[PDB]
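Notes to accompany the following structure.
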Amino acid sequence: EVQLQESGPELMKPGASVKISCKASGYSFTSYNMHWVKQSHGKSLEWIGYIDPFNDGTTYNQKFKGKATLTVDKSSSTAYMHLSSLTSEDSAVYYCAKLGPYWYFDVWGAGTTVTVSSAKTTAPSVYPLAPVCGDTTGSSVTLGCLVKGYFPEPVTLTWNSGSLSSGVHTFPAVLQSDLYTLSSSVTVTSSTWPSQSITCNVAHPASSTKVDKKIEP
Amino acid sequence: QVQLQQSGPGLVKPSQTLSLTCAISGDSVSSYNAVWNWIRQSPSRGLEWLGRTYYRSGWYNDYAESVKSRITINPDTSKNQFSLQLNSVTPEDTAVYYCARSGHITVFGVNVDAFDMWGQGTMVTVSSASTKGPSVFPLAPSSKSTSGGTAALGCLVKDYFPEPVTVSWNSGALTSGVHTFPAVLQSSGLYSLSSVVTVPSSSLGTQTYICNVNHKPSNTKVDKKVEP
Amino acid sequence: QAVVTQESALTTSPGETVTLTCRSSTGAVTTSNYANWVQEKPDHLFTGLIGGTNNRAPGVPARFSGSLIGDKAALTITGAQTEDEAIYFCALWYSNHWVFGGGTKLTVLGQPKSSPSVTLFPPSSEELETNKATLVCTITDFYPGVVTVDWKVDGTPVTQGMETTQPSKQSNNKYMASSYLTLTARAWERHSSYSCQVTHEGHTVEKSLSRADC
Amino acid sequence: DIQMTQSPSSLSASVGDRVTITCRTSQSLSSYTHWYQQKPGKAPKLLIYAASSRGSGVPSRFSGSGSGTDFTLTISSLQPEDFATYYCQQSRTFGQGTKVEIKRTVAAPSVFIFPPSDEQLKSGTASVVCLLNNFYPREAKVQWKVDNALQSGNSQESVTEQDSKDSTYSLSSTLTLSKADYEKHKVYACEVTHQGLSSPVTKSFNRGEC
Ligand SMILES: OC[C@H]1O[C@H](O[C@H]2O[C@H](CO)[C@@H](O)[C@H](O)[C@H]2O)[C@H](O)[C@@H](O)[C@@H]1O
Ligand SMILES: OC[C@H]1O[C@H](O[C@H]2O[C@H](CO)[C@@H](O)[C@H](O)[C@H]2O)[C@H](O)[C@@H](O)[C@@H]1O
């Protein structure tokens, strides 16, 4: 059976173009053709079109005529999808998929995320999260670390330089005026804090800004 | 790494069986991506694929229609080879028989029927005549331009059956300006060819010239010194 | 532009038989639509299920079956299991092209009910220094993973400023989420009491915060 | 499995020339369409696979393309060593093949004659050989004269394939007589005519003097 490896995530400004690839490795005893599919918002699947690596036939969804171009390099076993004039509506995960003689999509690439944003690289501002000190009474306490106005994803957030691992919850980012904000919260015993040092270590590699921040009442 | 070594008699009597073998080096006969084909070449038919065998959780065989009814292609996992058997041959089966690998060349991981490695070919003659080994005579250089210029000398290989015969000079040492002519078929029904070379006249006194003649069908080997 | 319609979501218990449907906007689904189905699992793992209306792909369990039911194509799961929790898409063939449906999100209840822990934090000193303020409402340890969030300022409902992440999965297989109330530093000081409201399966957990306490 | 038509089925072209061979297939299956180069007494070598992918150790000057059911091999800059027969293929069917010949300047034959060996003559036959070496084009003709009389039989001729370096041809003619018949004559000659010669070249030997 063949395996399909798509190319890495891509970050583009409106008006740019992009070329995603999908490399087939392994073997197949029967011929097959390559379909490309778009997932929007994580649920809305859309057929873009297909190319046949064997007879060179292509068919497009009418919505994607002239936006998308499918090609193949038969010597490297690689399919390519080129998107012209990227818009916010092109922000999505793109999958390639094998359809062979039974006309079910039996192998899929893991997908390539394309993000279309005119936003600039901005580092995060990292804020402490501590309880209202009146509500100190309780056997466990939960702290946190707010990461606001970063771009682009990703950011990586740890606790006490990775030493503190359990009790931790890092939430998904929200999109707030073309920048992302995050948060991660920890639960430790009421005796551990404020007695011990609880410090979050936020990293934003895409601006080479790593930041530490310890928390007090 | 992949090599194909063909063997087995080139001369086959009418109505009898052609038997050829192709021994594989640098891959397995049962490899998941190896397809073992026989293909033949004649003037009548040009290049004609005859059939294959391949392993895929059990041996498969496909044959061309022209021969479906008298052809068998069999693998031997023991010796790592596969064989061709054609039954009840007629002169129409006189041809050069090649073995060939397919399925190494793939597009998007699938076998695309490109034949990437071929054996050397066995020349097959269907005839009831007997094998006869050549006589080898010298074509000696003349006294013309011995003092300075170019000498022509050669060997004549006459009255051999069947084809082919190979000729080399000085066991390969001399190849530049060698012409080995296509055999002709004499009215006797035996073949004859010449092999000739042009050499500096000044070498005639210092360098030896020997034509090495091989006729595999009769196990005839001859090395003939050609001299003034 | 043929449109393919599937029911949006469905929640079952293990052991139930479930039937998902796939309808063509242009008229009856027929054999010549050659309905196929794929399953999307977490981590964007697509695998194909059925082709040719009713032909299981290799390795697909026999509990899965394809059929035409009336004038729509259907996928029937006879004895759903927790591992069958996924999104199911059908695609229809329209002479020369495939059209995907919108997918049915299938939840199979495979763990105890769990009610949300709600922790509500105040805006920090440093963030206040920049004349901005964000209240963070962490929602953890709930199942199933469906929460409605709601905000109360001085006991009065909120309309804007609010963002809420989608339920995501925790180390312990329960669901978490977070909601934000982004205020300005003046609006923070103009009001006293603040409150995050989470609804889950019919009950409401809530937490309050008064500015006088910071 | 009726051999596919190739167009043309033969050509000759000068060194440096762009050359195009077209295969008439029955189906636009580019990836199962291949080309082979075959030099004389060699197995075909895979040249182009899947219409446009080049085989191992195939120079850049060879390229391939398709359009509908027509596939084309192009040799961008014809070289002397490109003398070959070229075959297309699709699935299990081969084309009829296309012979490519190099055009070059005219080059006249060098003529050599070889009397029979004493070794042969004891055996009862006499073979007399005339060699026409490294000429171009291929229309060289040989007449055998015995005591200045033209022979209308008793000879056989054979021509080499075009040389891979210098694009010339070579021919040998062999005149075969019984020993008895050989000795009833004195002067054996071959007379050679070819475009590169202003007038016929004759080489001859005297029986006995040899
Ligand atoms: O289409 C189903 C068959 O696919 C393969 O066979 C075809 O394609 C091969 C190369 O891709 C050819 O060698 C062969 O002649 C074709 O029949 C597969 O080998 C077969 O098992 C399938 O039935
Ligand atoms: O093939 C017929 C015969 O050819 C040769 O003999 C003829 O030609 C000779 C050369 O011109 C004459 O001298 C001779 O008298 C002819 O018979 C050959 O030597 C014969 O053995 C053949 O029968």
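First the proteins, then the strands, lettered A, B, ... as listed; each starts at 1.
Most-contacted chain for chains B and D in this structure, per the PDB entry: #2-911 Fab heavy chain. According to the PDB, the drug at chains B and D is MEDI8852. Other chains contributing a heavy atom less than 4.5 Å from an atom of MEDI8852: A.
In this structure, the binding site of MEDI8852 at 4.5 Å (heavy atoms) is formed by A/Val2, A/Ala24, A/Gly26, A/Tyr27, A/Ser28, A/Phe29, A/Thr30, A/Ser31, A/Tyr32, A/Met34, A/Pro53, A/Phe54, A/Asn55, A/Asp56, A/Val72, A/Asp73, A/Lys74, A/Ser75, A/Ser77, A/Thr78, A/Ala79.
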